[PDB]
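A structure with evocalcet.
Note on naming: letters A, B, ... go to the chains in the order of the sequence lines (proteins, then strands), and numbering restarts at 1 for each one. All heavy atoms count here, side chains included; hydrogens, waters and symmetry mates do not. In each ligand, atom 1 is the first atom listed, and ligand 1 is the first ligand listed.
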Amino acid sequence: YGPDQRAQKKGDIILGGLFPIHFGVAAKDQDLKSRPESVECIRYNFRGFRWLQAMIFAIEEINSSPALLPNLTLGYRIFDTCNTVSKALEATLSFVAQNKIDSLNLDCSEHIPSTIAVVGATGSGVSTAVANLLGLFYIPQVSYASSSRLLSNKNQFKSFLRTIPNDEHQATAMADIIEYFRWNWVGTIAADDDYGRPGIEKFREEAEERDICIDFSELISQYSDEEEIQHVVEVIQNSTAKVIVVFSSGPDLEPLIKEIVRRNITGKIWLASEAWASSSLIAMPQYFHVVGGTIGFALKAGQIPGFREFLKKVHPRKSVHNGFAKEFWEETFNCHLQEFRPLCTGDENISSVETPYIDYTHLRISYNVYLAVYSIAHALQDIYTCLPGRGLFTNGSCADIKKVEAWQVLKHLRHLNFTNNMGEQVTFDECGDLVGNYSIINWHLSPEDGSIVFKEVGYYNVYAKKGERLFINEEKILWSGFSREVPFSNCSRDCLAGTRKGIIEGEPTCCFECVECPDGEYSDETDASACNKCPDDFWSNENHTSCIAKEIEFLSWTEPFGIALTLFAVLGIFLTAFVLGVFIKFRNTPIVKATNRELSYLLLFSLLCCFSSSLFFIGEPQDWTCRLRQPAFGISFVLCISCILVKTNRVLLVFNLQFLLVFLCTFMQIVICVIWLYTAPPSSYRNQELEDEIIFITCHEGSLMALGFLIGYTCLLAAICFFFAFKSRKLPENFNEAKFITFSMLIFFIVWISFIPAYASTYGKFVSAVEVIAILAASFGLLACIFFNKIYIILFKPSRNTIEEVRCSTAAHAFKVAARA
Amino acid sequence: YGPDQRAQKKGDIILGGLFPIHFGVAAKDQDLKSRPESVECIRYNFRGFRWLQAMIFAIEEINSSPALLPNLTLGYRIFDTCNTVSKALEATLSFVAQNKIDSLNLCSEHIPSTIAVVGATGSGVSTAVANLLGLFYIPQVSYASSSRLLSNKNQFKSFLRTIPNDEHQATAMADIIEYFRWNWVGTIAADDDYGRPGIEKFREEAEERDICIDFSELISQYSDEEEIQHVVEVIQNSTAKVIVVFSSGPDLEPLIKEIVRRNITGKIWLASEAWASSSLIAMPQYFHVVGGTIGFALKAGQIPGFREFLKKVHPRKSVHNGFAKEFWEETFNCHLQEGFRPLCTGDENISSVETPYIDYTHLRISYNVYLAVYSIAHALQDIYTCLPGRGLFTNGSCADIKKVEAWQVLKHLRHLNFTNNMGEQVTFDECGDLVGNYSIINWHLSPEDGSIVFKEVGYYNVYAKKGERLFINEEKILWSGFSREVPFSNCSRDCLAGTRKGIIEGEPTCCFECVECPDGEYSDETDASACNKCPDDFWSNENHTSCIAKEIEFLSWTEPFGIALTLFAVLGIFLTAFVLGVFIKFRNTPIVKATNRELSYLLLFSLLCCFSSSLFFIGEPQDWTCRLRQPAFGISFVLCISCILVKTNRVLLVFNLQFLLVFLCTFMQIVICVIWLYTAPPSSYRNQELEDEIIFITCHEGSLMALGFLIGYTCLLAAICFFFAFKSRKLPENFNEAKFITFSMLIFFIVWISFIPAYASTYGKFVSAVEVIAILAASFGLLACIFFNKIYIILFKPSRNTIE
Ligand SMILES: *[C@@H]1O[C@H](CO)[C@@H](O[C@@H]2O[C@H](CO)[C@@H](O)[C@H](O)[C@H]2NC(C)=O)[C@H](O)[C@H]1NC(C)=O
Ligand SMILES: *[C@@H]1O[C@H](CO)[C@@H](O[C@@H]2O[C@H](CO)[C@@H](O)[C@H](O)[C@H]2NC(C)=O)[C@H](O)[C@H]1NC(C)=O
Ligand SMILES: *[C@@H]1O[C@H](CO)[C@@H](O[C@@H]2O[C@H](CO)[C@@H](O)[C@H](O)[C@H]2NC(C)=O)[C@H](O)[C@H]1NC(C)=O
Ligand SMILES: *[C@@H]1O[C@H](CO)[C@@H](O[C@@H]2O[C@H](CO)[C@@H](O)[C@H](O)[C@H]2NC(C)=O)[C@H](O)[C@H]1NC(C)=O
Ligand SMILES: *[C@@H]1O[C@H](CO)[C@@H](O[C@@H]2O[C@H](CO)[C@@H](O)[C@H](O)[C@H]2NC(C)=O)[C@H](O)[C@H]1NC(C)=O
Ligand SMILES: C[C@@H](N[C@H]1CCN(c2ccc(CC(=O)O)cc2)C1)c1cccc2ccccc12
Ligand SMILES: C[C@@H](N[C@H]1CCN(c2ccc(CC(=O)O)cc2)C1)c1cccc2ccccc12
Ligand SMILES: N[C@@H](Cc1c[nH]c2ccccc12)C(=O)O
Ligand SMILES: N[C@@H](Cc1c[nH]c2ccccc12)C(=O)O
Ligand SMILES: *[C@@H]1O[C@H](CO)[C@@H](O)[C@H](O)[C@H]1NC(C)=O
Ligand SMILES: *[C@@H]1O[C@H](CO)[C@@H](O)[C@H](O)[C@H]1NC(C)=O
Ligand SMILES: *[C@@H]1O[C@H](CO)[C@@H](O)[C@H](O)[C@H]1NC(C)=O
Ligand SMILES: *[C@@H]1O[C@H](CO)[C@@H](O)[C@H](O)[C@H]1NC(C)=O
Ligand SMILES: *[C@@H]1O[C@H](CO)[C@@H](O)[C@H](O)[C@H]1NC(C)=O
Ligand SMILES: [Ca+2]
Ligand SMILES: [Ca+2]
Ligand SMILES: [Ca+2]
Ligand SMILES: [Ca+2]
């Protein structure tokens, strides 16, 4: 009773089966103008038939063993679901036919069989729908393929168990693979069912913690219409993201792949979930230029030893218990069995045709089917061997094996721990789950046959700690089926050393602009968020990748200018010392004795101090040299001017008594200098505001009226000396001294007046060189005006140094005779 | 047959119904050490019993009316689901017991046949019931299930609903958040088929409008202590104040109880429709946490005899309602004697106890139940009045009302269009849905008894054009129950003008810092992502809000410096004209023909030209003053130098010829200036790179070689005349003028060497000043020591003293 096409065999204990022998149903959703009929399954699935044969082979192998359930046989009733909720519910209503009559008091045939457990429901929505109806009657349901996390809820799904791991490790592993290859710009596609939606939600939650930006997220279906598919295609080809993560199955993904292949969209990196990473619907050679280089997940393979020889024994006339063998024979050989295609014989050979039935290389879901059947058999064997007094039920009492009920088998399945043929331990946890490792594979092209080869490139170990679970061998991956270069999948290129990041408005964090830093700031590492302002006495490059030290500007002792000015100063000091020496040697003579013999000594000492006071303007301006820069020249030159002015002419008649005048004339300068240095002294000053890349060192004078008073006092005494010596230029005594005094005063005023435009233009820039040159020029002019004339008669023409020449000049000059050479 | 507690009446045509009379089932763990019993239902639900009474009132009203299905009765079988999939699945297997026997080909043979089911409340229960009812094409009309996943007609073939689905609601929450200008919110969903698509649609709509979501959590009714503690810790670690909740009342009650136990105040709760009017959550003792909630409600309908029917209920007079006895026990808190808690009597008054049964303002879900029943009956009436030859079936054939089948009822339900008691039109679309408006409520506190009052503060109009659907009256909102101020729920504070948003690493784009703008760039808006560049002739102000105009710089008139230079030039022109006038006055005295008096006229005219040539430097250069700046002074000063050098000693004997030897040395310079002006003319220039804040206006010379030749010829002529006047400085003829020529050339060379460091140092306004001052000083010195001694001799010294 129930569906017609089935696999059935009698026994003492009956198991139920649910497998997708067809991929789907015929699209015939029309109005109800006639009474509705049964739908028609459309596309044959050879892999599902192999799964059904795995369950049949496991049952036969259990029934031949004397060590597992002796003297009682197992039977089966297996139906087709066609990947559809409605066919599975039609089969499940016949699974619970005995139990439902008792609950509804409906009463009658009294010869209907009871199933104790159900193996089946590949797809997760089909699994949830079957689990809802089976959990009413506490019938256990072991699934070989459904991996949704929503079926781990034991409040709603009381009797559901799995031989496959659930999909949360897979989503975490997908995030880990994206993190390993250093991408941050991806798109996601999931199937709109109970399988794709929670997996892609877990992947989104994991990708948010690892700073991965997701651009698009779309949903697809097997029964999607055309305009939805073109909306998804325009969403895909409007993005610059290359990596697409797909959580779907084969028949749910086929129309989108067909539309993408038709439009020739190339260069995408597909990350596949386990449900389509080995599908024969997607892995076609004609699709390769779109789907080459896919990276995907696989489960761990197992060995069922005599299974291939069992698969090679199928026949339509010999399989009396398998009602699916006839259509399998017709779809393999494209023929028709009697009772337009030609008539089948039974002589045809399975090895001649290439379908996924016997052309596989690893058993993964088939091993899960085998493990499910053996789990149920080991729970039954635990029932059979249990000793009175040590059971799992009330008082420690044992179930009866000849009247066994389904809830007792479910209770024994919750406490199961057995060893399989691989020598590993199979137990289920509190949520009914079962952990396992993952293999990581990559799609290649076969050079010989042209088909698609699945190459193992890594693994995911679930028993390691978080962060150390992934292994990938990068050298074995071909990236679009041909290339050895890891692709670029970021939103924007990396900012370089001279730049920083900038926000683009309305766009996520992974997309940024690269902005040049300003003239004062730098950056050194790659993806900077801000330019660091490096501290004082530093400035950036022209390229802003670092910053370098500023340049300190001042006049030092090692410049050529400094050596030249030092040589001129030392030569002046040597010449003045030479003149003092010849005055000391050739004394007691009328030329020296006529020049008062004591004012000349102090005049030469003043000239020595005025020459040596120009050395404070060269070097680094410190706090104390800036205090003695200006007063040193200010007192030395006024001492020299007073020594010149005291000796000239009848001004001494206006009132030794000569020295007191010099004493007052330099003591006034001494007191104004000491009150200036005690009220507000000058000090050094590091100027950075004039030019950006150069620190000047200059001197701030403090007060300004004190400096004006100093220069005014010196110019006042110079003008008084010039005026009083300007009257007396016609007296031809002492070798015409007053003419040279007026010449020296004129030289002083001309130099310090003509140096005015040089002083105001380059103010703040090395003006101390100008201040050295003016001092040296004035000192040289005064010394050469006063002493060299008398030196020429004293040294090179003696016996003219006589009293008769001082009182009456004999008209012979030094400079004309020296210029005559 | 089936479940024991039921409501049941007989009839010709039988409808089915599913309502939650209890809030859930007893939380017990099955160790499976004995055979499992049936689970027990707990926490009576008075609103659900009112919902069940709506269906019976509708069916009795239809049965008493002669204008709708005459001579034909309706019956019912109604069961309790307890918000659970398994109880509803037992009830649904009781519904389909006739149809399933024929499909399996599998005793009583008098089994009644259900032709339609009034649906469930929650979407998981509706999906599980619809999966089984679609196998037999039995129509199912739900009054409350609003999930989008039930709009898929490939999976759910026979499902209809009188409630709008949740996509408009999830768009409306994002519209509310956009209206109050928030960008930093959190979400909480219930882990079922109701909360997950609602929060997914909200997340997509909020990412469309630049709203950043901080956290996202799932809750349930059966969450334990550690999950609730984790969710409360996730809430308490976040600065987001606005929280959007998509859940029902039973699924949200444990989280709310734990938040109340910790006194977490200050959050802004945004309520979906399932818990926005829930008595489990809207309690006075929770008002310090969930006060001021803004939520959604459906539109209210009117059923004009329904309250009287609700008050006619009785445990011993309702013989078709099995749910009345437990209602009566739970209302009056007693025990009913069958056929401490006191013994109930039959004489109690329903108005004495405040339960949600007759304590309501508006009928919203009850009106949906009423519409579901009337939709089914109007489909049956459309069957009953079909005319032969115009049916909906094959060849235009009509179904038979005495032998009706459920697929024909579903076919007529897909083509239904009728008018209701409120005067609106009821049709279902191709996905089986029905749109409707929303009302927006705010949770206040009553000053009378302390209960929670729902106040209407706006609407959402789904018939309007997108972007114009929301209306909010803000003056009626009390935030947190007491405050009249809109709260702040942004991640970061705003950056003002003169600042730029800077990135914080590892954080979303709604969180940023503020960095000041650079010197040459400006930003006037707030929350500016970058500084904008000022234009070419503009610079930014002191806080970089707007560009101000760049200052221009040149030596100008009405400046004090330019006025002083102009007064000195006018004074020089005046005294040179005085000297010329005195010389033309005494043109017939011996001391004037002592020199060549025709040459001194040319010398004084060239001195006038040399004074007048200095006025071209002052003012703004206008691209023709730059052409006449340098050649005018060049030719005037070489005319002065040649006029001096002709009259010196022993050059005129070398060679009337004086004017020719003037003409050659001025014609050479005229040739140089005219070649320079014809080949590469000077041009004006606006210099901007010297200061980057001021624009200097200068003259680009155009050629340096020609300017070098122009200077060098003048220097050469000055050197030759200096040498030829230096050889004969001791001669006393012409009042010792050779030493004065020597002094004039010495002054010229001293000034033009003294002003050379002022050309390599300063660059702006102050260079034209020194070009005026050097010209003035050189020409003043030349004129002074050439024509002052003779002027003293003629004028101030007596003319009787040595004029012969
Ligand atoms: C993909 O991008 C294209 C290119 O911009 C979009 O096409 C344009 O869309 C705008 C928006 O209304 C229209 O004004 C233009 O007329 C469209 N141009 C063309 C050539 O169609 C397109 O809408 C985008 N699609 C998706 C799904 O985002
Ligand atoms: C693409 O973007 C990622 C994410 O920012 C970059 O990965 C960073 O690379 C730098 C340099 O190697 C590391 O210091 C960071 O730790 C990486 N971040 C993360 C989260 O792993 C990646 O370098 C970018 N790729 C390209 C080609 O620009
Ligand atoms: C919180 O952030 C939002 C941005 O998401 C701000 O809204 C902007 O406000 C400015 C000025 O008030 C408007 O010019 C923009 O058009 C608004 N943008 C949007 C998208 O609405 C909001 O002002 C911020 N709130 C506070 C208190 O700073
Ligand atoms: C919420 O914030 C608290 C406060 O930091 C976190 O508690 C600390 O977590 C760190 C890291 O796990 C521990 O080292 C500390 O001992 C914790 N306690 C304290 C008092 O600092 C808590 O982990 C956060 N929770 C969530 C869900 O974010
Ligand atoms: C949904 O709400 C809108 C606005 O609340 C209703 O439109 C109003 O209809 C009345 C009468 O038809 C008019 O007087 C108002 O001017 C309308 N307002 C606006 C803003 O258009 C609309 O009728 C409601 N729809 C339903 C089905 O009740
Ligand atoms: C070395 C100099 N110091 C600096 C300070 C400003 N400066 C300066 C330059 C030119 C003039 C025009 C003028 O009056 O001829 C006036 C001043 C030069 C100095 C120090 C002390 C006394 C001085 C006495 C007389 C001249 C120089 C003096
Ligand atoms: C008034 C003077 N003007 C000349 C003097 C120096 N000057 C100048 C201008 C620009 C640069 C290059 C730069 O800075 O880009 C260099 C020099 C401009 C003048 C005019 C004509 C003949 C003269 C004969 C003798 C002395 C002066 C003469
Ligand atoms: N995990 C899938 C089922 C599945 C696993 N592997 C497969 C291979 C082929 C087809 C389906 C599958 C689901 O729950 O829906
Ligand atoms: N829409 C809710 C059901 C619902 C609507 N309004 C309600 C009021 C109270 C309880 C439940 C509801 C769901 O699908 O789950
Ligand atoms: C299963 O059995 C093995 C040995 O019999 C034991 O080591 C292991 O812990 C058991 N597993 C569980 C989950 O009890
Ligand atoms: C999982 O993978 C790791 C690493 O390859 C391996 O050591 C471990 O044994 C595997 N686990 C199982 C159960 O096979
Ligand atoms: C900038 O220029 C310098 C030398 O000109 C060079 O060494 C440096 O690498 C450059 N920086 C960048 C980021 O190109
Ligand atoms: C329903 O009937 C009314 C009355 O004629 C009509 O205006 C309206 O368009 C109809 N609606 C549909 C969906 O046919
Ligand atoms: C700029 O800032 C100053 C003080 O910091 C203030 O006086 C002035 O008004 C500001 N200008 C603008 C345009 O805000
Ligand atoms: Ca056996
Ligand atoms: Ca955006
Ligand atoms: Ca009637
Ligand atoms: Ca983050």
**OP:** Enumerate the ligands or chains that make up evocalcet.
**Re:** ligands 6 and 7
Which molecule here shares more close contacts with evocalcet (ligand 7) than any other chain, as the PDB entry names it?
Extracellular calcium-sensing receptor
- prompt: In this structure, which other chains have a heavy atom at a distance under 4.0 Å from evocalcet (ligand 7)?
  reply: B
When you compare evocalcet (ligand 7) with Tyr759(B), is there at least one nitrogen or oxygen pair between them that comes in under 3.5 angstrom? no
query: Where on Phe637(B) is there a heavy atom closer than 4.0 Å to evocalcet (ligand 7), on the side chain, on the backbone, on both, or on neither?
result: neither
| message | Give me the nearest non-hydrogen protein atom to atom 11 (C) of evocalcet (ligand 7) as residue plus atom name, then the distance to 0.1 Å. | response | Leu707(B) CD2, 4.4 Å
- Considering only heavy atoms, which of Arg629(B), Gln630(B), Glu701(B) lies nearest to atom 4 (C) of evocalcet (ligand 7)? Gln630(B)
Starting from atom 12 (C) of evocalcet (ligand 7), which protein heavy atom do you reach first, and at what distance in Å?
-> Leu704(B) CD1, 4.2 Å
For atom 16 (C) of evocalcet (ligand 7), is the nearest protein heavy atom under 4.0 Å away?
-> no
Give the UniProt transmembrane segments of chain B, counted from the N terminus, with a heavy atom under 4.0 Å from evocalcet (ligand 7).
3, 5, 6, 7
key: From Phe633(B), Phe749(B), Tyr763(B), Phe755(B) - option closest to atom 1 (C) of evocalcet (ligand 7) by heavy atom   = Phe633(B)
Quiz item: How close does the nearest protein non-hydrogen atom get to atom 26 (C) of evocalcet (ligand 7), and which residue and atom is it?
Solution: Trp752(B) CE2, 3.8 Å
| request: Evaluate the 4.0 Å heavy atom contact test for atom 19 (C) of evocalcet (ligand 7): does a protein atom fall under the cut-off? | output: yes
**Asked** How far is atom 7 (N) of evocalcet (ligand 7) from its nearest protein heavy atom, and which residue and atom name does that atom have?
**Response** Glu771(B) OE1, 4.2 Å
**OP:** Starting from atom 6 (C) of evocalcet (ligand 7), locate the nearest protein heavy atom and write down its residue, its atom name and how far away it is, to 0.1 Å.
**Re:** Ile711(B) CD1, 4.0 Å
Notebook entry, point to check: What protein heavy atom is closest to atom 25 (C) of evocalcet (ligand 7), reported as residue, atom name and distance in Å?
Noted result: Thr714(B) CG2, 4.0 Å
Which atoms of evocalcet (ligand 7) have any heavy atom of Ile775(B) under 4.0 Å away?
1 (C)
If you take every non-hydrogen atom within 4.0 Å of evocalcet (ligand 7), which residues does that pick out? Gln630(B), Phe633(B), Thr714(B), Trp752(B), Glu771(B), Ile775(B)
Are there any N/O pairs under 3.5 Å between evocalcet (ligand 7) and the protein, and if so, what are their distances?
from, atom 1, to, atom 2, distance (Å)
evocalcet (ligand 7), 3 (N), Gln630(B), OE1, 2.7
evocalcet (ligand 7), 3 (N), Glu771(B), OE1, 3.1

